[PDB]
Amino acid sequence: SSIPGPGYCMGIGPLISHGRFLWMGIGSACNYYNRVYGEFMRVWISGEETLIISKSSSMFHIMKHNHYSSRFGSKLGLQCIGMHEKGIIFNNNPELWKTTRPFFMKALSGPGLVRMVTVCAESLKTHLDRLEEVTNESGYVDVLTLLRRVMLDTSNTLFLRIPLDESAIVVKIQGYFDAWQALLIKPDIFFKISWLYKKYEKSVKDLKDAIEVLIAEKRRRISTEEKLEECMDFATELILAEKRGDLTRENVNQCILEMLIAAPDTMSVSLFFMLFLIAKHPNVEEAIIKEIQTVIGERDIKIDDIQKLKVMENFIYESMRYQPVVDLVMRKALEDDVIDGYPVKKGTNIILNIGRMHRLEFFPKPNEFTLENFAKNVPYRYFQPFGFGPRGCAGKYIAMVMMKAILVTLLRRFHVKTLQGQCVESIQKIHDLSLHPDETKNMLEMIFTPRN
Ligand code: HEM
Ligand SMILES: C[C@]12CC[C@H]3[C@@H](CCC4=CC(=O)CC[C@@]43C)[C@@H]1CC[C@@H]2O
């Protein structure tokens, strides 16, 4: 089969599509192009041909095979934010990515994933006893900021554990994400005209400098440590690999940065959306509380509990299905292949529109929020909220642990109410790199009233 999509109007076809991505935002443009043309179609970002694909088969094929273990985006943009051939998230150098990923994978599983369940709970407890730092005079909690702070404290105490300014770093991380999102697919032209991107360059420097102070302190503690054997962690493993031949200071420094931003970027907005759903679905809220009563009671949550929390697990999955944050995935073809019907050349960019896929493929009631969608065991080839395979989410397992831990410890303690008739559907969302609340609007706050 030849490839669907707009006409290559002798050099205008590319300019409209890129411009449309810039104008609409990546996610809404993907959804536009998939709805107009097929669920498998072609478009251009800068020069290069990029396939925007919703079909479950193609998705599975792509994530399954090792010759798609790359992403893409502006080299100038990725250099600007420090992700050009450096971290793992947008590290598109195959070999350098291969050697860095294992550090992340170790830290996000085994004993650290077990530690995480109590670390995550104790952190939120701390922040729920200090709700004055986040609550209004009118009782309005800034949930986005609350979550970001506990997510950061969580990430810090597990992976780095150096004292830091939560509030400041959370703002800096937000700044870094805006820059990443802004520059990821900007054309080379953009990067010439300097007073159009110095803005972003500063956000990156703010965060990078802040983290350099922390890794600096972390370095000094490692040098003077007696029992280096016992107290290992993600940041230390990296630093010791650099002390062997294995890694570069620059790369270490970006990996530590990337581990600290991950959850604040994504967990916070996911749990935010999840809380607005609990607020407007009392049917489900009850089921979850009943489960928490049965399973946990008034004991501190423990690793053994999380597998038993079945209703919440379905809620989490249905929330990510219905209202995702990470609704699309960027990949690149490293070898030629046939994919469903169509040929895909080496170097061809790919955007997997997993948000659309979860409304077109397997589920009984795709366009409404119900746990009926997860009453029958969902095959993992029709529902990839995290992705899978050799480049799937490195946090995918621990993320689920973390989300259960915070939803338990919060709902245990508080009823959550939304302002006005607001719901996830009515919130004004930006749909660019990720899918998240437009924070220049308001009515995003919530109210926390106790239980008993
Ligand atoms: C609700 C939470 C989360 C969601 C929905 C999510 C989703 C995703 C998705 C879709 C990808 C792309 C994977 C692919 O291309 O197949 C990804 C990549 C990644 N995620 Fe997450 N994620 C979450 C939380 C986390 C957390 C908590 C961490 C770390 C602490 C993390 C670390 C990563 C990393 C490092 C990658 C890049 C993997 C690579 O390129 O090699 N994620 N995530
Ligand atoms: C999925 C994705 C890679 C992983 C990204 C995701 C954007 C949101 C995000 C923020 C983080 O800090 C961790 C990685 C993630 C979860 C990206 C959108 C396109 C890209 O392929």
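The numbers used for chain A are those of the PDB entry, and the residues that appear cover 45-496, in sequence. Order of appearance sets the numbers: ligands from 1, and atoms from 1 within every ligand. Note that these values count all heavy atoms, side chains included, but never hydrogens, waters or copies made by symmetry.
Of tafamidis, tasisulam, testosterone, the match for ligand 2 is testosterone. Bound to testosterone (ligand 2) with the largest number of contacts is the chain that the PDB entry calls Aromatase. Near testosterone (ligand 2), within 4.0 Å on a heavy-atom basis, the structure shows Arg115, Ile133, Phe134, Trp224, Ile305, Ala306, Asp309, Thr310, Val370, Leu372, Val373, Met374, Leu477. Taxonomically, the PDB assigns the source of chain A to Homo sapiens.
Result for chain A: of the UniProt substrate-binding residues, testosterone (ligand 2) comes within 4.0 Å (heavy atoms) of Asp309, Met374.
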